[PDB]
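Snapshot of ertapenem (bound form) at Penicillin-binding protein 1.
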There are 2 protein chains.
Amino acid sequence: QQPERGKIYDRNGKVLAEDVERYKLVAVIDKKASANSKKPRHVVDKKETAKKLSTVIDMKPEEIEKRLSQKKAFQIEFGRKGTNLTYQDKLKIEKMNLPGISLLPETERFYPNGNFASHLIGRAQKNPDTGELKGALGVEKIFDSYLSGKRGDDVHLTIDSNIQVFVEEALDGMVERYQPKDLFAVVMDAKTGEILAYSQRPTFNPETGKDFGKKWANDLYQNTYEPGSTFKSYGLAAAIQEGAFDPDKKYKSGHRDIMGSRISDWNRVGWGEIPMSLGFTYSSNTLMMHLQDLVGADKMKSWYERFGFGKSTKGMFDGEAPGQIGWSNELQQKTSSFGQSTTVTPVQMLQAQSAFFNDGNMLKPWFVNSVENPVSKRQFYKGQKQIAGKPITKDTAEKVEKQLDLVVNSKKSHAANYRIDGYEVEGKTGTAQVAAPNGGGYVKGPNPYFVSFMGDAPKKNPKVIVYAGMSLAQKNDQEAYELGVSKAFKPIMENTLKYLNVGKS
Amino acid sequence: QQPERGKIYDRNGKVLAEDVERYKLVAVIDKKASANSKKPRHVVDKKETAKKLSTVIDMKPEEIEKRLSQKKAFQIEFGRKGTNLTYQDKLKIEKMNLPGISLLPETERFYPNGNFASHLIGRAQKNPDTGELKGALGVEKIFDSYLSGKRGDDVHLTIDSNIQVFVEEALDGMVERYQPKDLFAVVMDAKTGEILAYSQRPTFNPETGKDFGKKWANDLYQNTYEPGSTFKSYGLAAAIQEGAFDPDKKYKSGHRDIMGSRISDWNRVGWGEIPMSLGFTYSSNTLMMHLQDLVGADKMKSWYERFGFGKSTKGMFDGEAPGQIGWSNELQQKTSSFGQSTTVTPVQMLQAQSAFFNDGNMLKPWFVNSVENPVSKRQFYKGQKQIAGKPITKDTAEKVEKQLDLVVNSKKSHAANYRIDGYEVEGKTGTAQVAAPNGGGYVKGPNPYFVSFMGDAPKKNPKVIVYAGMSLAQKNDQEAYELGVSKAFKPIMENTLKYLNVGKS
Ligand SMILES: *C(=O)[C@@H]([C@@H]1NC(C(=O)O)=C(S[C@@H]2CN[C@H](C(=O)Nc3cccc(C(=O)O)c3)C2)[C@@H]1C)[C@@H](C)O
Ligand SMILES: *C(=O)[C@@H]([C@@H]1NC(C(=O)O)=C(S[C@@H]2CN[C@H](C(=O)Nc3cccc(C(=O)O)c3)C2)[C@@H]1C)[C@@H](C)O
């Protein structure tokens, strides 16, 4: 028999995955089993056996009887409906005292919460010959050789199930309303980098296997996005340190001509000669292009690299994507300033944003708290807060934070739909075009956007960062353009802050 | 967006896997798409569009109309039935000139032979957002970083498609006839170790994904078996080399009393005082136990290790199982002499068996011929024949081969069902009990056996080794006990020798 596979735990000791015993229904149907026996050891009345067994398994009495009639066979099973039976299903069948009926014990992998952080936890699959389980995605795969066994090691995550529930419920709401092609939300402790909650859509159910394999990629570590205007914060931070951003100095908005192409602010005309601070509140593309000119393209590329972009964060997930900084020509450089051409992972965005709230120190995000064996007490691994680098000074960080405050809370804001009543919110919005997966160019349509928000609360001294992103709503794409991910960000952030005992304004 | 993923080829350059273009059906249903256009650019007649589209995709006209009626939606797709469409499917729909209907090109992973060496080749899965493909089993996974791109590298196998066809057809026959729980066949070049064909049952279809994930374990490299009497050849080889086996010296058959358990020959009574050669032809358990006593338990354990058992063969498959030599106490030792308690992988058996046909040198089995890039011409890897060790002398090998010949061809043989008309065959049979995966005994029942044959032909100087094994037939289990895997070995071996131009007599 196999050693017990280790358990996966959340940060408070709740089981996310474990081994349980279930039962498989077996019917001996050959008369030769009762040749030299006092009481029958096979099924005598196929019809009565079918009726009574039908009251415990999800199979019609006609089908049980048909399967019971198979010839040249000593015993039969009943397919998917006959296995994974509970301990109460077992007791019910055995009271029936049906001749030739028995239940075989089987080990299964149990996920108590069903569809729940599924793309992070993953799923283990069973080799029916030996009962051996092997992880095929996420934590179950990454740590397969520790979890596997006389008893395997346990893996404790930084996930908080109470916060995970808020994220799962918000994402179900987004799917219902917007039916987007892709969707993710992540909650990170703003001061440690711990991943407190993470989910995506579409996803699978590790308990049932439903939809497993339809999308291999974990959004947090393996999928890449052109982030859009959330990426302007790192352009802004660079501009501040170089002395190029002055919040009150005016600049020419409108458009710029780059290698013969017209790139303009989102309203085509701009706002004339406006202060640089208002440019960022308005999410002016020409501000960012102007700032790049002042800093210099060469210096700006290094800045984005110093913020950790273009390379893996070296987390503990398999196949972490590196992204890439689009810098080949001046058109790629200029569109990178507002988050197109350059591709990122959500975990890179969390790593970079954390600098604004830790005196300029980027925090390496992390989700594995411990790998340890509960019998021997050996601890193999313990997660830690770690500074991934310090690209900016304390003063630049605070000056970035002042413009993020204004993005949500200026009189001239266009992001008031992210406000939560009783909590002070800040962050940056994004409404990015999405590259055509085959045809080249960008995906066309009425509002073909990846909409996102990189937010934190309470502002200035936040408890958590919440990053949510929604790609290509197929339903209500007008409203997705207007409201972004506000219908996910608000319940996630509000419920998280209350559960973390932060006081309402 | 994505580089072309490299191809998997067979040994003669036939494609086993490649990237193809397929098509996705898209319907624009919003009237606003035809606001400034003379001819309609959206679906005007839902009922006629559905009826006509119902003729190219597998969807009933009511459902096409129901999807076309979705509200707050600009474009709609048709789920799995609307994608993976062929180039002819495209031409047929475009001839209809339906307003608002179009086809998008999509890259798919194409397996030209469908269900074919599936657990060796594996399957790549697509991330719908980016089109990025990732191997999830077998070669597609093991070599994912080479196959992935630019243009990815090709992987050439030693598989011969012509011989693989013989193996797929033979295993289809065994399933229909025997409905076993597990089944495998492998064909290896007797002089190089090249794996010329390999398959198992149950398995999946890499092209459609049907049944993928139901069994993760590759039988050749990852599954373990109590081999049974096929393992006696290595006990025999040790005894020959140690001077303990003399073919004409008689021994007492019947039973031996081992730690209070009576272990007897398969006919319970034995054959009296018979020569050791006849003992082996009969698959005598007491012969192997007597020989083990003569050699010594300590010396015999080392012998099985020099035959490569108990450790991985260090092949190129992921997670190769090591097996284990069952040696805790004398009852484990003595049952190991006839292939119970000890567990092995089929690849270890091919490796050990090859010693008898290469002057005592074990050949390390291998299935990867080349990893190379067709653009740059860089070769990253080239497979080759490799000696895993020389545990026996040339003389011992010859004396083993003489007994394997007799097993099939003695007048007193019980393996005459493995004879092929016109070809001289040799090998060893096995009829082994199977450990219950849960609980602590053997699978009970009328014939609860893993039956197998380790055969080679022509005898003395074989071209290929054919190892087939069938675990726990649920249909015709009496016949499986009597005939073993003969109904698989014979068409596989006969068709292969003919394809290799070996002369029939
Ligand atoms: C960055 O992603 C992108 C530019 N930034 C943003 C952003 O979301 O911050 C946009 S979206 C643009 C600026 N905000 C405007 C807005 O919310 N207007 C609005 C509100 C409600 C209704 C309507 C309507 O009636 O359509 C409009 C719109 C901007 C594209 C970079 C890459 O350009
Ligand atoms: C090894 O696996 C096992 C012993 N070896 C083998 C073997 O397959 O070589 C067996 S099977 C045993 C010997 N061959 C006998 C047989 O085929 N008898 C037979 C043939 C046709 C009809 C009948 C019938 O009328 O029932 C019987 C059976 C043997 C168990 C070790 C582990 O013991």
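The lettering of chains (A, B, ...) simply tracks the order of the sequence lines. Residue numbering for chain A follows the PDB entry, covering 61-209, 235-590 in order. Numbers in chain B track the PDB entry; the residues on display, in order, are 61-209, 235-590. Each ligand, and each atom within it, is numbered from 1 in the order the structure gives. Just the heavy atoms: all of them, side chains too, but no hydrogens, waters or symmetry mates, feed the values below.
- With a cut-off of 4.0 Å on heavy atoms, the other chains touching ertapenem (bound form, ligand 1) are A.
- At a heavy-atom cut-off of 4.0 Å, the residues contacting ertapenem (bound form, ligand 1) are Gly313(A), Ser314(A), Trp351(A), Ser368(A), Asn370(A), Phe423(A), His499(A), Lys513(A), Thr514(A), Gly515(A), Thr516(A), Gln563(A), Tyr566(A), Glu567(A).
- For ertapenem (bound form, ligand 1), the atoms lying closer than 4.0 Å to a non-hydrogen atom of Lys513(A) are 9 (O).
- Besides ertapenem (bound form, ligand 1), no ligands or ions with an atom closer than 4.0 Å to that drug are found.
- Among protein heavy atoms, the minimum distance from atom 1 (C) of ertapenem (bound form, ligand 1) is reached at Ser314(A) OG, 1.3 Å.
- If you number the atoms of ertapenem (bound form, ligand 1) from 1 as listed, the ones under 4.0 Å from a heavy atom of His499(A) come out as 7 (C), 9 (O), 13 (C), 14 (N).
- According to the PDB entry, the source organism of chain A is Staphylococcaceae bacterium.
- The distance from ertapenem (bound form, ligand 1) to the heavy atoms of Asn370(A) drops below 4.0 Å at these ligand atoms: 31 (C), 33 (O).
- Listed by atom number, the atoms of ertapenem (bound form, ligand 1) under 4.0 Å from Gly313(A) heavy atoms are 2 (O).
- For atom 18 (N) of ertapenem (bound form, ligand 1), no protein non-hydrogen atom is found at a distance below 4.0 Å.
- There is a covalent bond between ertapenem (bound form, ligand 1) and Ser314(A) OG.
- Inside a 4.0 Å radius of atom 32 (C) of ertapenem (bound form, ligand 1) there is at least one protein heavy atom.
- Protein heavy atom nearest atom 26 (O) of ertapenem (bound form, ligand 1), with residue, atom name and distance: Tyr566(A) CE2, 3.2 Å.
- Where the criterion is an N or O separation shorter than 3.5 Å, residue side chain and backbone included, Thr514(A) meets it with respect to ertapenem (bound form, ligand 1).
- In terms of protein heavy atoms, atom 29 (C) of ertapenem (bound form, ligand 1) is closest to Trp351(A) CB, 3.8 Å.
- Protein heavy atom at the shortest distance from atom 6 (C) of ertapenem (bound form, ligand 1) is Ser368(A) OG, 3.7 Å.
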Check ertapenem (bound form, ligand 1) against the protein and report each N/O to N/O distance under 3.5 Å, formatted as atom name, atom name, distance.
from: ertapenem (bound form, ligand 1); atom 1: 2 (O); to: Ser314(A); atom 2: N; distance (Å): 2.8
from: ertapenem (bound form, ligand 1); atom 1: 2 (O); to: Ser314(A); atom 2: OG; distance (Å): 2.2
from: ertapenem (bound form, ligand 1); atom 1: 2 (O); to: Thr516(A); atom 2: N; distance (Å): 2.6
from: ertapenem (bound form, ligand 1); atom 1: 2 (O); to: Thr516(A); atom 2: O; distance (Å): 3.3
from: ertapenem (bound form, ligand 1); atom 1: 5 (N); to: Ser314(A); atom 2: OG; distance (Å): 2.8
from: ertapenem (bound form, ligand 1); atom 1: 5 (N); to: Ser368(A); atom 2: OG; distance (Å): 2.8
from: ertapenem (bound form, ligand 1); atom 1: 8 (O); to: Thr516(A); atom 2: OG1; distance (Å): 3.0
from: ertapenem (bound form, ligand 1); atom 1: 9 (O); to: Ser368(A); atom 2: OG; distance (Å): 3.3
from: ertapenem (bound form, ligand 1); atom 1: 9 (O); to: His499(A); atom 2: NE2; distance (Å): 3.2
from: ertapenem (bound form, ligand 1); atom 1: 9 (O); to: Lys513(A); atom 2: NZ; distance (Å): 3.1
from: ertapenem (bound form, ligand 1); atom 1: 9 (O); to: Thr514(A); atom 2: OG1; distance (Å): 2.6
from: ertapenem (bound form, ligand 1); atom 1: 14 (N); to: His499(A); atom 2: ND1; distance (Å): 3.3
from: ertapenem (bound form, ligand 1); atom 1: 14 (N); to: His499(A); atom 2: NE2; distance (Å): 3.4
from: ertapenem (bound form, ligand 1); atom 1: 33 (O); to: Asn370(A); atom 2: OD1; distance (Å): 3.1
from: ertapenem (bound form, ligand 1); atom 1: 33 (O); to: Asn370(A); atom 2: ND2; distance (Å): 2.7

